[PDB]
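The alphabet sets the chain names here, A first, running in the order the sequence lines are given. Numbering, chain A: per the PDB entry, residues 84-472 in sequence. Numbering, chain B: per the PDB entry, residues 84-472 in sequence. Here chain C follows the PDB entry for its numbers: 84-472, in order, are the residues you see. Per the PDB entry, chain D residues shown: 84-472, in order. Just the heavy atoms: all of them, side chains too, but no hydrogens, waters or symmetry mates, feed the values below. Start at 1 and go down the list; that is how both ligands and their atoms are numbered.
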Number of protein chains: 4
Amino acid sequence: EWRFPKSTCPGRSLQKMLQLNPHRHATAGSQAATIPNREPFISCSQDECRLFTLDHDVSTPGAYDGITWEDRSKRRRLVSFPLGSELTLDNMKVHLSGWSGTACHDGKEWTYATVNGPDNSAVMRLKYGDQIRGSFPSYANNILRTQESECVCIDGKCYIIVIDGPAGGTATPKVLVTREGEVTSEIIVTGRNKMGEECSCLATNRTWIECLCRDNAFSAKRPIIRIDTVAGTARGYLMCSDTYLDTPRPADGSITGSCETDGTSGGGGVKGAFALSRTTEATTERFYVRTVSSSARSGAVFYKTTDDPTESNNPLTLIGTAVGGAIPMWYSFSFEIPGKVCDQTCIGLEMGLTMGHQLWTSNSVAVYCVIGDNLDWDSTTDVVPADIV
Amino acid sequence: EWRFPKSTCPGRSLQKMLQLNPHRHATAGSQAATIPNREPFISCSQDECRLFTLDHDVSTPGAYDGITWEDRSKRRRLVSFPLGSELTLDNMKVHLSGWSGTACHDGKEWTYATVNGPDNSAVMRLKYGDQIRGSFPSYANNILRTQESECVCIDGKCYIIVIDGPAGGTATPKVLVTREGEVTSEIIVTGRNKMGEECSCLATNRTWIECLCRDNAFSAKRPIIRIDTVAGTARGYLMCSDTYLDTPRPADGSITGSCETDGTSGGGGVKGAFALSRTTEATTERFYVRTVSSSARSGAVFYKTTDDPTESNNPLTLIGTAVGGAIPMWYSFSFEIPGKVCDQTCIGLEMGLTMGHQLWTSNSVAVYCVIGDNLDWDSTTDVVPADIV
Amino acid sequence: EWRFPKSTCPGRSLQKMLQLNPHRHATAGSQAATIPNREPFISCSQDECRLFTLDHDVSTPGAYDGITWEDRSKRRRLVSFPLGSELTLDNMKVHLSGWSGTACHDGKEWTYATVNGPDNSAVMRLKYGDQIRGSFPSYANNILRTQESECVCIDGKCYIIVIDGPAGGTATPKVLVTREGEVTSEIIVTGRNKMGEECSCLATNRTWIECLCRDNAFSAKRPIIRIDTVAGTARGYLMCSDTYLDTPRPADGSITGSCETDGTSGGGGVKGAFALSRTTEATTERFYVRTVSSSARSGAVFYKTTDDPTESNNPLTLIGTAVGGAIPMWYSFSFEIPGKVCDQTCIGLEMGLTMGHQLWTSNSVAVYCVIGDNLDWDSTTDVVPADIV
Amino acid sequence: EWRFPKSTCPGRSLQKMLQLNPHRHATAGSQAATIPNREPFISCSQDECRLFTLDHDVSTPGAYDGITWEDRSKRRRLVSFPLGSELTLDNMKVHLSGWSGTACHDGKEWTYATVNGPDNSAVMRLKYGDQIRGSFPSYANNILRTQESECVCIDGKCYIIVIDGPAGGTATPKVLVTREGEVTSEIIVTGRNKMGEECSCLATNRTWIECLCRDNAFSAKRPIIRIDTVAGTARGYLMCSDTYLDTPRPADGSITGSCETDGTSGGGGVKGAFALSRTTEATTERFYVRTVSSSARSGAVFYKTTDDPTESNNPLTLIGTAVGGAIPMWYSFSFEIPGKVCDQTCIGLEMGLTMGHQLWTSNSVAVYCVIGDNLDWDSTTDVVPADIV
Ligand SMILES: CCC(CC)O[C@@H]1C=C(C(=O)O)C[C@H](N)[C@H]1NC(C)=O
Ligand SMILES: CCC(CC)O[C@@H]1C=C(C(=O)O)C[C@H](N)[C@H]1NC(C)=O
Ligand SMILES: CCC(CC)O[C@@H]1C=C(C(=O)O)C[C@H](N)[C@H]1NC(C)=O
Ligand SMILES: CCC(CC)O[C@@H]1C=C(C(=O)O)C[C@H](N)[C@H]1NC(C)=O
Ligand SMILES: *[C@@H]1O[C@H](CO)[C@@H](O)[C@H](O)[C@H]1NC(C)=O
Ligand SMILES: *[C@@H]1O[C@H](CO)[C@@H](O)[C@H](O)[C@H]1NC(C)=O
Ligand SMILES: *[C@@H]1O[C@H](CO)[C@@H](O)[C@H](O)[C@H]1NC(C)=O
Ligand SMILES: *[C@@H]1O[C@H](CO)[C@@H](O)[C@H](O)[C@H]1NC(C)=O
Ligand SMILES: [Ca+2]
Ligand SMILES: [Ca+2]
Ligand SMILES: [Ca+2]
Ligand SMILES: [Ca+2]
């Protein structure tokens, strides 16, 4: 029946699965209608995986594709592609209009959710199968917004992180609990709860969820939100490791104070991601990514730890460079592939492609999953935005 | 087994689902074969929803796409796309040749119906699955024609509204009752029955249907046809609300007389639509659309009422503007999404795109469904027909 | 289990289903890779219908599409499209290389068959599902060739007409009996058996098949082959009606002599087709097509009769003009749509498109099926080959 | 449940199934995004066959397609197409990044495997369904690499040949045994085991596998590896026939010595293939291919034998020329089509297309299967690389 977390498939590192690179096909002479997009992620049912992303109602090449830098507009939609299909117009499936997205399969049907509307009164609508079953209005009237990666479903209920409020100040996230797309309750995030953008969430065992988020205002440490789905409680933490995962960030270990001390810098940030190994009882290893550069969104480096990330300031253990530091690397996202015998968690990388400020913007997506003992290879795009017609 | 009406999913307003906008991809440099079309609608089975429309045997860009303003020709066909697939040549599925269309799923198979033939002796053919099972010839020999939106199936029988006769005078609609596509009986529409074009029909409870139509000759009030599927009877009414829903129309409340008084103006019109909330026993709320302009097909405004629309002259209650008044808005259509637990009704909007009189003509389709408490956002196309190559 | 003939759905005429016209999309500015083809036909399983045709390993527009006039080459393949999908490169499915084709579904799997090889030693291969299960070599070493329309399967065995020998002289057809694609026996055609090209075959009741063929050497009357699948016998006849169905042909009734008298002319011909109404016991009405012109492949006119076509010289009864005489019309083909309650037979029309002798050549396909009481409308292409780029 | 080898369908020769030729559609004026590729092969489940190949993250025509000569890069991926779909961007499905590939279906799910990484530390990852279940690191740190044709699954375990080491010297192959994509054991290849590139493997009966490989360093005779899946043993042999199957090669029979004598030449080679007839007990006939030219990769000639190829020096028996000697012919690959009643083995031919050294490179694929009594026809491409835009 319902999807629930299983022990994960054996693995001790991150190794490459595949890469999608639609705009390799958008050069002079090419014959493809490619889909420029941002905020991609992957979510899976037991039958298939899908690449979800937020489009701009346009293909590249084409006259209208100059709007693809925009965050929010009446053009953007949550769309998806079977995982492994390239991102072309005929392969695209439109789910919901809107400009911030999430999706997750509960074992029976897809829940899709986007936020639509003006900045001061946006509305999240949740589609379950083909019907809009849920609606959740803005509570702080300042850009209601959600994860830009998959939500998590356990035992017929799905858990979605939303936030509303100033991106440069205190903004309190909430956990929405859904059943067939209907919002049946809201869980208050206690503890360290003054920020939490764009959370990447994974089950840590049979009944708990852990989310790795972005503090866009206060800290280069990433917020962590843990959800107890049985008690229906959630608590916020600050990631304690000296290996700070956000971008921009100061030098490792240089934030003086306790785990939950913000640090002097902290403005700005980027969506981050993790993967894990777990039994039905507990998570046994975590895998993290951050940029190569401490100031710019470039490169991707993988790390791992067996420590509890909310309590230990120990540096993370280096796995290696997944994307060279000369290569733009923007968002990363967590996702899980469910299996009949074991589950597998993965990290996806938004390798950004752009012609510059307020010009054409899209990406290539590279996927790494928990398997093996060492990193196998780094990824490139070999797309020069100047060559895109 | 058979499809039948269930109580609807909770909702008190109309909120956006998605939008399809194929000709965003028909600009200079684009690589897409887009399908120009008119009279679109949506119909759903328990397995999927589909966007149906009447094409012109041509894609845009292309040399032959200048015929897309035409109402009737030997080129047009009823075609469809999985809902959410963009309207491109490879995504298209052709069902029947013809120039007026309807379709509906009875729980087992699709019934598709079009009218084909010359104006003075056209024939409706009804396809059930892959076979043509039904045929219904013109009875007034003056452009036999049908709904341009989905028909309604209850307990294995489907109900289709057809009309035949002068578009500028008295033309009597008929209800066709079909079983596996075969026309097994005709129901005479009694009462106010001298007009009734392009009806949008929804079940109002377990056994009754209500259709909101266009009086192209006599009144700015919309005809309403109610069908009792158990008794096998149908009766025509005139919508009584001071908030007249057709275009063109006089000022609200200015038609002097009883509910069924036509009014002085009334020539012309546009296909209209409604949505509803219902139990198994009764409809509890209705949602309506009309243009912003009282004279031109521009804009879309949503309204609601808990009154019986055939008896109450009360103004409808404003929900808000779904399409700004500067934006062409032509047909709207009702449709229903069936669910395992509850059904959901929706309104689709044909946002018209054209280069002018007897020039290239098509649309973008925006979908709003019954959910939530307030309208979330208005829709735009951001397509300039001059940019279409 | 196995497919078998049922009584047909009620109908007394031929009315249009749909039309496919891929090269409407092959004009200046268009964005489609259309598939030029010849010898199209349709065959259906209980799950779907498919348009089969013989391609040339090329799309239009394109530099290599000038070979599309050729009958036989190492380029041609039997390919197919879901019925209603337009004939584009991405929608195409390749089944077998070869230059003469047939296919038919037995209730469990598709049998596909083509002839491949040089003119003097060609080989029919039969594919059952995904495997090549059958092989049948040339027996007269002079262009082994088959129906260019669907074969017929009854009770797990399929029946395929092949011929081999001079196209301008005596060439004896054979009936191949297949089981899971393996040729398990050959049935000798007795009686009037000196010709029989490109047969269109339909079941006439639960256990018999009737094929309407082309005599390319001797007569403007069409050969008819009847197969008794229980006895495993087949006999050839000459169609006796004064309404001669081949092209070219003399004036109606002008062939002096008995039913099987050839007549003075008879050289050349075109593939023809019929449809029918039947019970489980007997065929009750037949529907026929021929060109408008008695000398050129132009136009299509439908006729009907309740007489036995092998014995009665009565003229056929006019139904009407399906394709105007100014419009090229080449092959026609019979096919059957199986249903859960009743079966339906249809005629497809190859509306030919060409730039001239040994230049680009393809078609549009129009489908008419047995339903209703009168012909609804004629078909056009509105494709000017000069406009194809 | 699990896939296992059945007796093969009756057949005594090789006859053509079909051909895929995507770059016929990559000429001036064409509208297709074709996928240039190398190292193609086919593998089948009981539900469908698929054409697998290694792409270059690019379509033709397009600015980036000049890298398609490369063996190994961060661009290449194992991709596939339903067998019979042409090789276009929208039809493509990406499975794994990497630059050497294999795949095989065990009756329940696909196992896909590629090697990814730098030459000195590459890693094979094995994907089972949607999850990466297996990982196998380089053991000789010199281009770990695999078959470039399908692996073989028997009774829930799959068998994959890998090799690692110098391509111009001794390199020891290993048999990987997988279960749901996890590498559960390695089988040591005993006997003549100093080489064995790019093996084409088929079951020879219910429990044994035979692989025909390429010795790139020592001999124009092809290595043969036999696997006993019950004992879990594998042994290497040298093909003994005077009809040497590799390219380049000396004159037939001119290698003096025993079966396992290398011969004086032997440097270089090409992937080869075979097909067979078998019962559940034993293989009864084998079918082989080699080039027409003894020095260049051109043409394809089929042969057959009933001798044991590891012990008999008898010349093989000529079947005939499948690809003329003037036509480039590069890799060939074995594959099997499973059936409900019988299995069928086939040979695929990579008919190479290239603009020259370190320029655009791809292919057409022709398929021949075991059926009939004589070769039916040879294959051509009719693609001139100079015409590709
Ligand atoms: C609105 C604040 C939010 C901070 C997490 O901005 C995000 C930053 C983005 C970024 O830093 O690249 C892109 C996101 N599209 C944007 N989200 C929305 C809903 O606009
Ligand atoms: C024929 C009268 C009918 C009035 C409802 O005209 C409709 C008006 C149209 C319109 O007002 O835009 C477009 C419809 N395509 C047309 N229907 C047909 C069958 O031609
Ligand atoms: C070979 C004789 C046969 C007469 C029925 O020619 C057919 C005539 C054709 C025609 O008259 O248009 C086209 C067919 N493609 C051709 N068949 C083959 C196999 O070449
Ligand atoms: C690396 C040695 C191997 C010899 C079998 O080279 C192969 C030769 C090739 C060839 O001879 O055409 C092409 C293969 N793409 C290549 N394989 C890899 C993994 O690069
Ligand atoms: C999951 O982990 C949480 C946190 O440690 C723990 O409280 C809970 O009991 C665990 N659940 C199970 C089923 O072991
Ligand atoms: C549906 O509504 C009609 C009209 O009010 C009513 O007559 C009928 O009884 C209702 N049906 C059911 C099943 O309640
Ligand atoms: C079908 O028709 C043939 C020819 O008239 C006849 O001999 C046969 O008995 C019929 N079959 C059945 C099942 O009635
Ligand atoms: C398959 O062949 C091998 C080699 O000859 C033989 O040892 C084995 O017994 C055979 N298997 C079966 C099931 O006959
Ligand atoms: Ca930060
Ligand atoms: Ca009116
Ligand atoms: Ca003739
Ligand atoms: Ca060699």
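- PDB records give the name of the drug at ligand 2 as oseltamivir carboxylate.
- What binds oseltamivir carboxylate (ligand 2) most in this entry is, by the naming of the PDB entry, Neuraminidase.
- Taking 4.0 Å as the heavy-atom limit, the other chains contacting oseltamivir carboxylate (ligand 2) are B.
- For oseltamivir carboxylate (ligand 2), the residues with heavy atoms nearer than 4.0 Å are B:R121, B:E122, B:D154, B:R155, B:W182, B:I226, B:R228, B:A250, B:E280, B:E281, B:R297, B:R380, B:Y414.
- The contact set between oseltamivir carboxylate (ligand 2) and B:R121, taken as ligand atoms under 4.0 Å from a residue heavy atom, comprises 12 (O), 13 (C).
- The shortest contact between atom 1 (C) of oseltamivir carboxylate (ligand 2) and any protein heavy atom is with B:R228 CD, 3.7 Å.
- Within oseltamivir carboxylate (ligand 2), the atoms closer than 4.0 Å to a non-hydrogen atom of B:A250 are 2 (C), numbered from 1 in the order shown.
- Residue, atom and distance of the protein heavy atom nearest to atom 9 (C) of oseltamivir carboxylate (ligand 2) are B:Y414 OH, 2.9 Å.
- Counting only heavy atoms, the protein gets under 4.0 Å from atom 20 (O) of oseltamivir carboxylate (ligand 2).
- Ranking the protein heavy atoms by distance from atom 18 (C) of oseltamivir carboxylate (ligand 2) puts B:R155 NH1, 3.9 Å first.
- According to the deposit, the organism of chain B is Wuhan spiny eel influenza virus.
- Nearest to atom 5 (C) of oseltamivir carboxylate (ligand 2) among the protein's heavy atoms is B:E280 OE1, 3.3 Å.
- Among protein heavy atoms, atom 7 (C) of oseltamivir carboxylate (ligand 2) sits closest to B:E281 OE2, 3.7 Å.
- Where the criterion is an N or O separation shorter than 3.5 Å, residue side chain and backbone included, B:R297 meets it with respect to oseltamivir carboxylate (ligand 2).
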